[PDB]
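Everything on this sheet refers to the single structure shown next.
So for chain A, numbering is the PDB entry's, and the shown residues are 45-245, 247-253, 286-377, in order. Counting convention: from 1, in listed order, for ligands and their atoms alike. Atom set for the values below is all heavy atoms of this structure, side chains included, hydrogens, waters and symmetry mates excluded. Header says: X-ray crystallography, 2.3 Å.
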Amino acid sequence: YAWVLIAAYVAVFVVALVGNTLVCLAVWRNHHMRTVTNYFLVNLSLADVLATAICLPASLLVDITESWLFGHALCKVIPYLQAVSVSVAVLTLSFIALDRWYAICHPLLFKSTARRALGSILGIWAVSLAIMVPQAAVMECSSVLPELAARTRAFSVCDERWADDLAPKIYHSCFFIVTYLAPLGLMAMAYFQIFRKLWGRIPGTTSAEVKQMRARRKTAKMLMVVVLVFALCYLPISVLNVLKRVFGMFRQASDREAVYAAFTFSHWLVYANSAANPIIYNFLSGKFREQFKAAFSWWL
Ligand SMILES: CCCCCCCC/C=C\CCCCCCCC(=O)O[C@H](COC(=O)CCCCCCCCCCCCCCC)COP(=O)(O)OC[C@@H](O)CO
Ligand SMILES: Cc1ccc(-n2nccn2)c(C(=O)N2CCN(c3nc4cc(Cl)ccc4o3)CC[C@H]2C)c1
Ligand SMILES: CCCCCCCCS[C@@H]1O[C@H](CO)[C@@H](O)[C@H](O)[C@H]1O
Ligand SMILES: CCCCCCCCS[C@@H]1O[C@H](CO)[C@@H](O)[C@H](O)[C@H]1O
Ligand SMILES: CCCCCCCCS[C@@H]1O[C@H](CO)[C@@H](O)[C@H](O)[C@H]1O
Ligand SMILES: CCCCCCCCS[C@@H]1O[C@H](CO)[C@@H](O)[C@H](O)[C@H]1O
Ligand SMILES: CCCCCCCCS[C@@H]1O[C@H](CO)[C@@H](O)[C@H](O)[C@H]1O
Ligand SMILES: CCCCCCCCS[C@@H]1O[C@H](CO)[C@@H](O)[C@H](O)[C@H]1O
Ligand code: NA
């Protein structure tokens, strides 16, 4: 099982790095690709490259070795960077939904520009880097056998140190609602209103109006799949974290092999999301597909 786990993580690492580099290059090299949505998709690729490059290898060895092998400093930094990546991804997806919902359902309120999208992107990172400092603060690295700590990192564990039973419950309830439930629930409702608008009806609309709607239907369909795939990828880890930290589950030693398997798969699934997003754009965006086809007809 350990080598299938290695092969799964390695496939995702390679596909996510190549795929997300291609997303950044496509938007950067082509003016026709520089849409508000594509600026936010590049930001989602930056969040996903942060998780793929630094957090994915750490999670693979923790899942295999069942120990922390990166020292005390990295015990704070790597969990922090993973929390930052999720906050960036989910706020990026939220801002795309917000942009599309305003552009489509309430067209005359706010202006949707690339410069305003870059302003939002900076704000997303500023917020995410700050709100995830409590995660870095609670991370502690400790040996199960303190006398072996000098000799080896084999019995070293990276985990959250909580001074009371109440604080982890409030924190993990807030983490779930802020980074998963409230933005996805709101995004689901936004896309349902976008769907009703784009796939309904108004006579006497111009050539530029009719063409923009056809283009919008194609993009909205793609974004709905990205949001649904994100909701599915992050659902097992969210459920497991809430069950473990809010409801005090999985503390029995008899269940440890089934618990580790469930968390190992759930951590992998989060990383599979970074590999999924460029694959979704390839199949649901003709603009990205054309770019990827040109990249692979050149590189290979
Ligand atoms: C930290 C997060 C911040 C980032 C979040 C930003 C990202 C979000 C992007 C865009 C937001 C646009 C939201 C658009 C909201 C659309 C809301 C809405 O009206 O949806 C209706 C269904 O919901 C309803 O009945 C209401 C039912 C509510 C469902 C309750 C489940 C909770 C899910 C979680 C909710 C969290 C809310 C937190 C508030 C702060 C169907 O509509 P419809 O046209 O038929 O007419 C309405 C009526 O006449 C029919 O009941
Ligand atoms: C490995 C991994 C992947 C995704 C996760 N996720 N859950 C919700 C959203 N995303 C988590 C997780 O359970 N998180 C996020 C941050 N945390 C974390 N611990 C990490 C350990 C390693 Cl080796 C690498 C990254 C790590 O991120 C601990 C607190 C908790 C909230 C852990
Ligand atoms: C953005 C990152 C900023 C945090 C500072 C990181 C400095 C490297 S620490 C160093 O890294 C190795 C990696 O394998 C471990 O083996 C060592 O034991 C550990 O001491
Ligand atoms: C953008 C604002 C900067 C975010 C900084 C937090 C990132 C985790 S690094 C970690 O921070 C600890 C706080 O718990 C310090 O004790 C250590 O020096 C260091 O290892
Ligand atoms: C921000 C939302 C935080 C709500 C999380 C509360 C955790 C639900 S379990 C609950 O926790 C109580 C407090 O520790 C205990 O008295 C009970 O025995 C136990 O059933
Ligand atoms: C904020 C993140 C935590 C939210 C989790 C929602 C589920 C809690 S309801 C749960 O359901 C049981 C029956 O199944 C009942 O005995 C109790 O009333 C209660 O413990
Ligand atoms: C999305 C994540 C939310 C998952 C739903 C949580 C519902 C679990 S019921 C709740 O949990 C514990 C045992 O399961 C006990 O401590 C409580 O007495 C019981 O009432
Ligand atoms: C490729 C197919 C391999 C899938 C492996 C599935 C293993 C199921 S273990 C089973 O899971 C339940 C979850 O509901 C828990 O209640 C139990 O404690 C636990 O024993
Ligand atoms: Na992601």
Check: Can you identify the drug or drug candidate present at ligand 2?
Finding: suvorexant
Check: What is suvorexant bound to in this structure, taking the chain with the most contacts and naming it as in the PDB entry?
Finding: Orexin receptor type 1
Margin query: Give me the nearest non-hydrogen protein atom to atom 11 (C) of suvorexant as residue plus atom name, then the distance to 0.1 Å.
Written below: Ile314 CG1, 4.2 Å
Next item on the list: Return the UniProt transmembrane segment numbers of chain A, counted from the N terminus, that place a heavy atom under 4.0 Å from suvorexant.
Entry: 2, 3, 4, 5, 6, 7
Checklist line | Subset of suvorexant atoms that lie under 4.0 Å from at least one heavy atom of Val106 | finding: 23 (Cl)
Next item on the list: Cross the UniProt suvorexant-binding annotation of chain A with the residues having a heavy atom under 4.0 Å from suvorexant, and give the overlap.
Entry: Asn318
Notebook entry, point to check: With a cut-off of 4.0 Å, which atoms of suvorexant are near a heavy atom of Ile122?
Noted result: 24 (C)
Check: Do any other ligands or ions come under 4.0 Å from suvorexant, and which ones?
Finding: none
Note to self: Hey, quick one: what organism does the entry say chain A comes from?
What the structure shows: Homo sapiens
Next item on the list: Report yes if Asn318 has an N/O atom closer than 3.5 Å to an N/O atom of suvorexant; otherwise report no.
Entry: yes
Check: Does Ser315 come within less than 4.0 Å of suvorexant, judged by its heavy atoms?
Finding: no
Check: If you measure from atom 4 (C) of suvorexant to every heavy atom of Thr223, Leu113, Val347, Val121, which option wins on shortest distance?
Finding: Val347
Next item on the list: Can you pull out the closest protein heavy atom to atom 10 (N) of suvorexant? Residue, atom name and distance to 0.1 Å, please.
Entry: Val130 CG2, 3.6 Å
Check: What are the atoms of suvorexant, with element, lying closer than 4.0 Å to any heavy atom of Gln179?
Finding: 28 (C), 29 (C)
Margin query: Does the residue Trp112 have a heavy-atom contact with suvorexant, meaning some pair of atoms that are separated by less than 4.0 Å?
Written below: yes
Checklist line | Test item, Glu204 contacting suvorexant (heavy atom, 4.0 angstrom) | finding: yes
Item checked: Atom indices of suvorexant, in the order listed, that fall short of 4.0 Å to a heavy atom of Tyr348 -> 1 (C), 3 (C), 24 (C), 25 (C)
Notebook entry, point to check: Can you tell me the protein heavy atom closest to atom 21 (C) of suvorexant and the distance?
Noted result: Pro123 CG, 4.4 Å
Next item on the list: State the binding site of suvorexant (non-hydrogen atoms, cut-off 4.0 Å).
Entry: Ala102, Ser103, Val106, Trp112, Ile122, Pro123, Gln126, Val130, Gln179, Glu204, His216, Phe219, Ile314, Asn318, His344, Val347, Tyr348
